[PDB]
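Starting from 1, each residue takes its place in the sequence as its number. What's counted below: heavy atoms across the whole structure, side chains too, no hydrogens, waters or symmetry copies. We count ligands from 1, going down the list as the structure has it; atoms in each ligand are counted the same way.
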Amino acid sequence: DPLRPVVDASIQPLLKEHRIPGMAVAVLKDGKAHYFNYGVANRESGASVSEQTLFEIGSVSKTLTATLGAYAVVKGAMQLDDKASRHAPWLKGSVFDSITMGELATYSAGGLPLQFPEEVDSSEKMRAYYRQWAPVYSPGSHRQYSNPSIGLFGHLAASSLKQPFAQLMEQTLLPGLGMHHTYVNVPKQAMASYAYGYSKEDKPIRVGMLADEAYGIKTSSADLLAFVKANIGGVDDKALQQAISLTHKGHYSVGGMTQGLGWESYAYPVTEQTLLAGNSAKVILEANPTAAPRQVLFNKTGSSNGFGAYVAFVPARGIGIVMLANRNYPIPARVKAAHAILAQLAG
Ligand SMILES: *C(=O)[C@@H](NC(=O)/C(=N\OC(C)(C)C(=O)O)c1csc(N)n1)[C@H](C)NS(=O)(=O)O
Ligand SMILES: [Zn+2]
Ligand SMILES: [Zn+2]
Ligand SMILES: [Zn+2]
Ligand SMILES: [Zn+2]
Ligand SMILES: [Zn+2]
Ligand SMILES: [Zn+2]
Ligand SMILES: [Zn+2]
């Protein structure tokens with residue numbers, strides 16, 4: 001593979017510097033998938049990573065949850081300007097009478113936090129959490145990246161479709177996308193392909209309320225590259241195609257980043273500096289005011305304990321990259337390596 005030297009030059013230094021036990025890398029160019037696999041999925045078994053190895057992709061899950069939401073819209077079960085409580089009777093009477101589904105999807109409802117408080121560990125406590133929640137900002141005015149925000153959006157999207165979220169994903173959406181080894185619940189027969197994550201102390205670890213919706217997907221580099229392909233070349237089902245397209249529309253911007261449903265987008269070519277800034281601690285951790293929206297590059301980061309994932313692609317150039325590791329290594333390292341590889345593929 002004549003792309004191997006290019007990918008190795010950017011990936012190998014990451015593996016050494018951060019002692020990454022294993023990484024699956026997949027690249028798309030000119031309609032062809034290329035797989036580059038490094039190290040081990042499981043340090044006990046010493047089993048090699050392949051493009052069929054399942055990794056936790058953490059917040060990259062939000063691109064798939066967004067696509068379910070968009071599918072619900074395409075099917076007429078909901079609209080992004082619906083008030084949230086329209087799809088949750090238990091939210092009637094709360095501030096969610098005046099927050100929209102799109103605002104939940106784009107983390108712009110008014111300062112829902114990054115994580116549920118640790119005490120919110122059941123269905124009953126979660127419902128009380130949202131019912132008592134007091135907005136910090138007016139709806140639409142600030143982005144605060146939030147699991148409770150998009151988690152709720154996904155949860156209500158499934159409810160709009162009258163099916164549990166895990167079932168819709170595993171039985172309809174993901175196989176519709178060509179993703180047959182992508183799970184919220186990894187089945188018995190897939191367990192032997194399931195990587196372990198490795199904490200900073202080299203302890204093996206595996207994955208909360210609305211975990212499924214916000215960060216719970218297990219998938220392979222092959223499946224994730226198929227999702228990238230679907231975001232470039234498209235898919236057979238008309239409803240799913242339109243769903244995917246809705247996830248590309250920009251809602252608002254924060255600096256040079258434009259927020260859509262799940263995917264975050266940039267004018268391409270994109271400087272390393274612009275891509276680093278939109279994926280910076282400032283953008284991830286603080287509230288930022290929303291501004292008017294923007295070739296286009298789409299990306300999403302994901303970081304669970306013991307896992308670090310990144311996906312980026314450019315439909316106008318037919319290029320894309322997936323990087324899945326079982327170490328949570330820094331986002332800037334992911335962004336830099338991806339940017340370098342895509343620049344070489346773009347020619
Ligand atoms: C998405 O991956 C999201 N990550 C999380 O919600 C989790 N942890 O976040 C950090 C490490 C900040 C924390 O400890 O609070 C998480 C999910 S399952 C699990 N065990 N941890 C992050 C914030 N998104 S990303 O874009 O920064 O990667
Ligand atoms: Zn490190
Ligand atoms: Zn209840
Ligand atoms: Zn529910
Ligand atoms: Zn520690
Ligand atoms: Zn057809
Ligand atoms: Zn919007
Ligand atoms: Zn402000």
| In this entry, what is the main binding partner of ligand 1, named as in the PDB entry? | Beta-lactamase
| query | What is the PDB name of the drug at ligand 1? | reply | aztreonam (open form)
| task | Around aztreonam (open form), list the other ligands or ions under 4.0 Å away. | result | none
| request: Below 4.0 angstrom from a heavy atom of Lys300, which aztreonam (open form) atoms are there? Numbered from 1 as shown, please. | output: 26 (O)
| query | Which organism does the PDB entry associate with chain A as its source? | reply | Klebsiella pneumoniae
| Of all the non-hydrogen atoms in the protein, which one sits nearest to atom 25 (S) of aztreonam (open form), and at what distance? | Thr301 OG1, 3.6 Å
| task | Give the residue and atom of any covalent bond from aztreonam (open form) to a chain. | result | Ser59 OG
| query | Does an N or O from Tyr215, backbone or side chain, lie closer than 3.5 Å to an N or O of aztreonam (open form)? | reply | no
| For atom 27 (O) of aztreonam (open form), the option (of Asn279, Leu285, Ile284, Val207) bearing the nearest heavy atom | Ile284
| query | Can you list the aztreonam (open form) atoms lying under 4.0 Å from a non-hydrogen atom of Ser59? | reply | 1 (C), 2 (O), 3 (C), 4 (N), 22 (C), 24 (N)
| message | Just to confirm my output: which protein heavy-atom neighbour is closest to atom 20 (N) of aztreonam (open form), and how far is it? | response | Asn305 N, 3.8 Å
| request: Could you check atom 6 (O) of aztreonam (open form) against the protein and tell me its nearest heavy-atom contact, residue, atom and distance included? | output: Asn147 ND2, 2.8 Å
| Nearest non-hydrogen protein atom, atom 12 (C) of aztreonam (open form) | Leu114 CD2, 4.4 Å
| said: Does any N or O of aztreonam (open form) fall below 3.5 Å from an N or O anywhere on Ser303, backbone included? | reply: yes
| task | Pull out every atom of aztreonam (open form) sitting under 4.0 Å from any heavy atom of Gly302, numbered as shown with elements. | result | 2 (O), 28 (O)
| Considering only heavy atoms, does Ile331 approach aztreonam (open form) within less than 4.0 Å through its side chain, its backbone, both, or neither? | side chain
| task | May I ask you to check if aztreonam (open form) and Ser304 share an N or O to N or O distance below 3.5 Å? | result | no
| query | So between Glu56, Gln115, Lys62, whose heavy atom ends up nearest atom 15 (O) of aztreonam (open form)? | reply | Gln115
| Site of aztreonam (open form): non-hydrogen cut-off 4.0 Å | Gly58, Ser59, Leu114, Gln115, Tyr145, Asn147, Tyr215, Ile284, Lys300, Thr301, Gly302, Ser303, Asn305, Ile331
